[PDB]
Amino acid sequence: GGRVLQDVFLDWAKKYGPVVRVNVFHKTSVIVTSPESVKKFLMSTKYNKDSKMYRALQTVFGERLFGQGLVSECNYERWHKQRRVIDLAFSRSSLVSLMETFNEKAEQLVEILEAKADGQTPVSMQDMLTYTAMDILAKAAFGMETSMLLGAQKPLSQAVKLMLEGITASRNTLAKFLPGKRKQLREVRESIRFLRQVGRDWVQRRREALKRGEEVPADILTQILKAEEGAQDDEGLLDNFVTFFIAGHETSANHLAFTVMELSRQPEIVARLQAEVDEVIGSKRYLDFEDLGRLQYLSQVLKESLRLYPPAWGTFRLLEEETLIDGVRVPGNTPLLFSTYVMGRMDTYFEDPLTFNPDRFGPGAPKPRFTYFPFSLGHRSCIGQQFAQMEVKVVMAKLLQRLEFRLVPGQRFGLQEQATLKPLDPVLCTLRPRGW
Ligand SMILES: CC[C@@H]([C@H](C)O)n1ncn(-c2ccc(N3CCN(c4ccc(OC[C@@H]5CO[C@@](Cn6cncn6)(c6ccc(F)cc6F)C5)cc4)CC3)cc2)c1=O
Ligand code: HEM
């Protein structure tokens, strides 16, 4: 069964009102599920991330993973310094110029799949979408080619896989430390060091090029380095390398996987997606930036996919002074937990919440008001939002143009939780070419 901790929180939120104490963490924390509260705490620089919660990202099993990178830096000043600089890499011109990378990798994904489109060969969409998102990220952020889509870098994607399973366990055990052997523990440490070392090398390869007076176009890497000029160590730079290395591919992959998974049982939705893709791009191969804006219906489908299946389920702020929240006195020094997964599944905020219905986001439908935030909100919202929404439309658009998917019998629709929420089963499918 693929219930996650988020599902328990949901149960408790429906039953116990909009402020609920939990005791699964470092502390009595409080899960906060009223829209007004979401607005209050997220939409204000006055509230900041809980350093105690994000320590699980800082280091893992004694090994430095995300450090004080852009996600896990809780101190506002130190965080604003990083964010000002790194923001330059996500300008509109910065993103428009990634379209070629997004197209190249999307195209390459589809060809690999058309090569397997006999209707018998089982293919892990979760693996495939992961390879694609990784190849996009490496090229787009770091100027490097991983070619996982071409069977390359098996150790790299092994290190990522273990690091992530490692995060799952780093939360837990829990009496389960006698059974789950030292093998897993040191493999995770190995993996985490593998990742930092890839960072060291790609920082090297980059510095080498600049030293030969070579011309390097402005980059996420360019901006992470610049955020680090003056530092005694490269250690704050590696934090940011690893953060972007994982954040910039894993959750885009989960989102793609959930979308393909859910679409496999929504034939009407699929037909309408096909109809839209036919009129916007036809059978043309490259999608321009202007084309993405016109995939209106595809936007709604993805928004709806993020409402039921948000990979990044929420966030935590620290409540420093005792405050009254929805009629409940909550003491100072208390961690607040926000969940877009929880709120998206409450019939209080969404009629018939288990029905996948993209019309909820149709033009003219009032936007959800603090009941939906798959990219978080306020100052600590996702820097990579537009980047993600772009690449995901590029991939999904191409799949829809050329392929049809059928989920392999015995594949489940349920969730697991690693660093993020993702499908429990890979998304094993057989494929045919569109029109069969
Ligand atoms: C027995 C022991 C016992 C005692 C000792 O008795 N004990 N005592 C205390 N606890 C304890 C304490 C704490 C927990 N927590 C449970 C989980 N928590 C947690 C924190 C942060 C989270 O952030 C999620 C990231 C955010 O962003 C993403 C997504 N994303 C955005 N853009 C792109 N990707 C992201 C970022 C960067 C990347 F690089 C990749 C990513 F995907 C995902 C999520 C969860 C904290 C630990 C549990 C138990 C015990 O168990
Ligand atoms: C569809 C996939 C994506 C979703 C659902 C997602 C969602 C989120 C959310 C919920 C936050 C977490 C904030 C918190 O812990 O409170 C966030 C932050 C962040 N994400 Fe994304 N994201 C995705 C893709 C991107 C990609 C492509 C990148 C990089 C290119 C990335 C970069 C980051 C970083 C650096 C932050 C921290 C920003 C800051 O605190 O200033 N994400 N993401």
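Residues: numbered from 1 along the sequence shown. Atoms considered below: every heavy atom in the structure, side chains included; atoms not considered: hydrogens, waters and symmetry mates. Atoms within each ligand, like the ligands themselves, are counted from 1 in listed order.
- In this structure, the main binding partner of ligand 1, as named in the PDB entry, is Cholesterol 24-hydroxylase.
- The drug located at ligand 1 is named posaconazole.
- Source organism of chain A, per the entry: Homo sapiens.
- Residue, atom and distance of the protein heavy atom nearest to atom 24 (C) of posaconazole are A419 O, 3.9 Å.
- Heavy-atom contacts of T251 reach the following atoms of posaconazole: 29 (C), 30 (N), 33 (C), 34 (N), 42 (F) (cutoff under 4.0 Å).
- Residue-ligand proximity: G384 is placed with every non-hydrogen atom at 4.0 Å or more from posaconazole.
- Posaconazole has an N or O atom lying under 3.5 Å from an N or O atom of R171, backbone or side chain.
- The presence of a protein heavy atom under 4.0 Å from atom 31 (C) of posaconazole is ruled out.
- Of the protein's heavy atoms, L57 CD1, 4.2 Å lies nearest to atom 22 (C) of posaconazole.
- Not a single heavy atom of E250 sits under 4.0 Å from any atom of posaconazole.
- For atom 16 (C) of posaconazole, the nearest protein heavy atom (residue, atom name, distance) is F25 CE2, 3.4 Å.
- Atoms of posaconazole lying under 4.0 Å from at least one heavy atom of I246, given by number and element, are 39 (F), 40 (C).
- Atoms of posaconazole found under 4.0 Å from any heavy atom of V71, numbered from 1 in the order shown, are 36 (C), 37 (C).
- Atom 3 (C) of posaconazole is never approached by the protein to below 4.0 angstrom, counting heavy atoms only.
- By the definition of a contact as any protein heavy atom under 4.0 Å away, atom 7 (N) of posaconazole is not in contact.
- Heavy-atom contacts of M53 reach the following atoms of posaconazole: 20 (C), 46 (C) (cutoff under 4.0 Å).
- Of all the heavy atoms of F316, the ones lying under 4.0 Å from any atom of posaconazole belong exclusively to the side chain.
- With a 4.0 Å cut-off on non-hydrogen atoms, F244 does not touch posaconazole at all.
- At a distance under 4.0 Å, a protein heavy atom can be found next to atom 47 (C) of posaconazole.
- Counting protein heavy atoms under 4.0 angstrom from atom 35 (C) of posaconazole gives zero.
- Only backbone heavy atoms of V24 (N, CA, C or O) come within less than 4.0 Å of posaconazole; its side chain stays farther off.
- For chain A, a heavy atom less than 4.0 Å from posaconazole occurs in none of the UniProt heme-binding residues.
- Heavy-atom contacts of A56 reach the following atoms of posaconazole: 46 (C), 47 (C) (cutoff under 4.0 Å).
- Under a 4.0 Å non-hydrogen cut-off, the residues that form the binding site of posaconazole are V24, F25, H26, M53, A56, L57, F66, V71, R171, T243, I246, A247, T251, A312, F316, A419, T420.
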